[PDB]
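Reading through the structure tokens given below for one structure.
Naming convention: chains lettered A, B, ... in sequence-line order (proteins, then strands); numbering from 1 in each chain. Remember, it's 1-based here, ligands and their atoms both numbered in the order they're listed. Values below: all heavy atoms of this structure, side chains included; hydrogens, waters and symmetry mates excluded.
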Amino acid sequence: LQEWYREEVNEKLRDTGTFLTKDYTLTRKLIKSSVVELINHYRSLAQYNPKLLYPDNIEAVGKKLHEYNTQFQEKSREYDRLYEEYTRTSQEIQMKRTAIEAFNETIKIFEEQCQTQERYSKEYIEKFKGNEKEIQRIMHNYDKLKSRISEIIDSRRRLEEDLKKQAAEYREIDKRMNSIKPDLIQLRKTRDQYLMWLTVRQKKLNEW
Amino acid sequence: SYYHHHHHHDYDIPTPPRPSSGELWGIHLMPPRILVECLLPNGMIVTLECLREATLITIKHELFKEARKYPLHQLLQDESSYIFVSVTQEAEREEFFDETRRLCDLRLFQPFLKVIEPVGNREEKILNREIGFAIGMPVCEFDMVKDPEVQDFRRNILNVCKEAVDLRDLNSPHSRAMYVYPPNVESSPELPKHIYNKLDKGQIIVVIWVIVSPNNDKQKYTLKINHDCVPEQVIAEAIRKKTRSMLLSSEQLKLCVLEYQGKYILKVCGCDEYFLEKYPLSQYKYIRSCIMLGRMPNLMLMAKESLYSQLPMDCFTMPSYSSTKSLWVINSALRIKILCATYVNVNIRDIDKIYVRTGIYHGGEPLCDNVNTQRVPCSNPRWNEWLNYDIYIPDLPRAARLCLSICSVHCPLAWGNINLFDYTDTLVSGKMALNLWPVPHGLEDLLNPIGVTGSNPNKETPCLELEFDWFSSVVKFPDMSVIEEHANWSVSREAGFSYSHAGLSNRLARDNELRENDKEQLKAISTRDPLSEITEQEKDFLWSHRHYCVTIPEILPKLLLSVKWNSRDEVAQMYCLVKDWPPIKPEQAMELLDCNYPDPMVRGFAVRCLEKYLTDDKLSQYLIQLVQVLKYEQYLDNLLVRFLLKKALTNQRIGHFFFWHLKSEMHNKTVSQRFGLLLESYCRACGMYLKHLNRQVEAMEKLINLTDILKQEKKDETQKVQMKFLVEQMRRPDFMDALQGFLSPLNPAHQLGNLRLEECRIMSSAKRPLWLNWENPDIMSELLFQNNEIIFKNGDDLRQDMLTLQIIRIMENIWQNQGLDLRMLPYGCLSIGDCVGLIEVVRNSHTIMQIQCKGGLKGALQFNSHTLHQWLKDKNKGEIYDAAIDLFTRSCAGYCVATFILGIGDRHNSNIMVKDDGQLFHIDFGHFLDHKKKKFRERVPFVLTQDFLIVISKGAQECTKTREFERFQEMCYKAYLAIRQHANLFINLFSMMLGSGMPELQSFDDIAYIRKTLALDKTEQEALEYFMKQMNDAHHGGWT
Ligand SMILES: O=c1[nH]cc(F)c(=O)[nH]1
């Protein structure tokens, strides 16, 4: 009677109806005369209690344990590396978005300043008429003010494009995570089954 | 030949998260002189050239002498009618009221200033900036939040903040000093037996100190009083001995004592700890250390009015923000319309087809989990189905929530969870816009309920919008009253059931007389740990005998996981047992604030436990776990928050760590809002400590920016060059301001005075951690430590250390207060940022490697096993020597057990350290519950080399066989078991930490390692032998 017959019970229940002090226990959607008698029968557990579908080389099955483990742990680094990029990008992105809001608010203060001077200066343009001496130098100041706001909107634009280029690269990172993920699970699932076929030799396995 | 001439064609030799931008946008450290456009009321743009570190006083006072050479001068008031303002990097227009501030310290976005006169004439109130700084997001960012809950939190939480400031000025100023300087005291007055016997039948020798004039000289009145006498008594005996005389009768003394006695309080020399209430001196921690360390206390008589001098009045101000229809009426099953995700980033090449898995949950789930068909797969994915959930709508528990996830063909893409009732008790009905969260590293599992409830605030993410069945009216949850009736009805209804029943497991049939085998299968379950999953039989067993289970309060944690929350019948009765269940010990109650106990009645109860039992000492022990448990609370405003907030406002030493633990996680947008709001509230009410926290914050920020430059620009330079740069920068005044007058956040009792830059330096590690060294500016520096030094480390995630060093601290107090003395040195460590923290330096200790580099002789042949012993002998000589080994033997023994139980990363010559006095202790623990086995054990990470074995048995040969080692080997057994009896706590502590994104704690099976290594499934005699066996096989001989 030795296919279905706590911690590594749950590790073989992971991701799959499934089933498997001093007697026996039946576990996924725990349950406490004979053993093989009762499981073949239930293979709907409603009618017992109100609220069971899924049950040669030696040394080169263990080199395949080394090989699928070099694949897996290279493949895991691929995942582990990209997750960081994914987050850094996310982060960097948002800092930009804030900067844009800050740029924006910088501009609004300056646009108001180019407005602010005309009220107070074009009272002094008409009162007295200071002559071409006074107003050539109130003209100089205003010349800068605008050519500065040029520079700011240049600077903000130049950022907004980069947001997109980052944002573009952001999407591309998740794209490739989501293709790498599913293969990573099978590479992992088979490397558990490959080591299950080997196991006693517990202590020979760590090098592969 | 080597490689079979295989070319790797691809490979080309050409080819710490970050980055927190610093003083100006896009640059870390602003150029030493810089140009800044000052904008005036008259629309004129000067462009002052300014030194990096110049104040706004300096800039204004000059700007109003360089604007005189520009037009329209008489359109500007006297400067004093004006104040600067500009855009910050957080992006707010911040009016600059503190003109003592410096230009580097402003966190400008672009280099410019604008003049105005102050609107919002309550100037005082626009020091929300202080709170905004402390928190690192502005308070106005909360004023703009629409959501009622958030605003309803802000206003209603002030209930708590008020009641807290009430309790402070109750019996003032004493009560104020009490808040500020709470007594640091062990929770038990009983003095452990090995501590006692260092006393000659209950006596310490102490040393009171005094000052008369000017402040200059001091004087040592060395008493010898009873361990279990109080500060008052001790203050007297000191004053007796100061003022005995030949010009004074006995009775004349008695009067001159009384009048002097209570004008003084006991300080500790060197740090701002004070002994301010009725406690046996033993019980105050400082004393109990001094006993253990072979030290004579150095206290101090400080004049109550020279202390009440210092405490400022907190000055708490209120801010500017000053028919239903029962769920049980609703007759239908639950259904939910899905509709369409939009932003779904997947390859149409690699991946086949995609769907939206959904479920209803309560921690673990109350129906069959369902999906939709795999529609418009990959390109433009849109469903428009109605998922039908086979739970009736009256059968929803209060806590329940929909969990969902978009999956592929098959593994998950994105997830998001929603509370089925809002915070006002109201079933969710209408249309929702839910933005998803990415899947974590370790999470393969398809759906993710342990994750945070609510939408992602990141806009550019999978926005899966959906619809909720709407019943013509606002569908609320029943009152308590309404739930009591249905419980009593379901009780009376149960009494007249009939003899037999198809599944009479749920019901009794034994009635008021239960069998004696049964009453002791319950207490047999009662004892078992949290992680031992329970069989349905046993649940139904418990659930039937539920009313006897009130005999055994401690059983509750199990009992609750027995109830089916999909049967409101059952649930309603549970609400009434729990209503008035016997209160339990806090160690068992905290289990009931983990993810598996999401109900609010349950969680209320669990607070009622803490309110009653949990002490300001034992709270401060477990604060980390309680702050992490906030993340499993459904709504902002709740009982646990109101508790912790209040304790924090009652006790300024908790307050302190409560800030930093929240402030620590402010980068992590799963809690940025929640914790923000909470910190705001704390910051508004804690009064003057805010100003102390604002200096600590200010300091940590300067350090962050510093290391950031070092780790990016100044790598690929010699240490030598980096070290020039470091000192050159610490020289500057904005730094000297920022880094000198403040409190250590590792422990705010210690002050940090001027920085000696002699002893400040960049360690050799590649992360570039800083070794900083401050003057202790206490009056009695001498009697504690003239120089205080701690390590700042930008780059590493501290919080796995932070936990293990906590866990160790607990194992020590477990062991030691059970009488059995293994001295662990859980050095101080504090996470304050993304990968930013602080580590207490332990002076006069070395890594075993350093020991061997010292004792290594001349020409590099081979290092000796004895070197350690020989270096340790050179330190400790005499009766001293024997005692230095006892210490070593005792610490080695604890650190053997602790290391093994936790499975912390393998120990070797570079991460085990030894002190001059001969205590051994581990640093730099790595990943804890065996995180490196995800790559392909039940490990021994402390494998005792020859080196230790020799030193253990005073230098013998073939050391494994001495008596010296039989002692040691016994300590290990006595220590292994002592923990095992408290293994529930250790489960619950790890269990509460799953809320953090620590990759070593992803879900309960991670924690399950600790079961096998404590061997809880066995009986104790088996464990001992399993432990012996596991210890024998790493060492290769010794353990029978
Ligand atoms: O039992 C208690 N009630 C109230 C308190 F403030 C406290 O510390 N302990």
Which pharmaceutical agent is found at ligand 1, per the PDB annotation? fluorouracil
For fluorouracil (ligand 1), which chain gives the most heavy-atom pairs within 4.5 Å, and what name does UniProt use for it? Phosphatidylinositol 4,5-bisphosphate 3-kinase catalytic subunit alpha isoform
In this structure, which other chains have a heavy atom at a distance under 4.0 Å from fluorouracil (ligand 1)? B
List the UniProt domain of chain B that dominates the contacts with fluorouracil (ligand 1). PIK helical
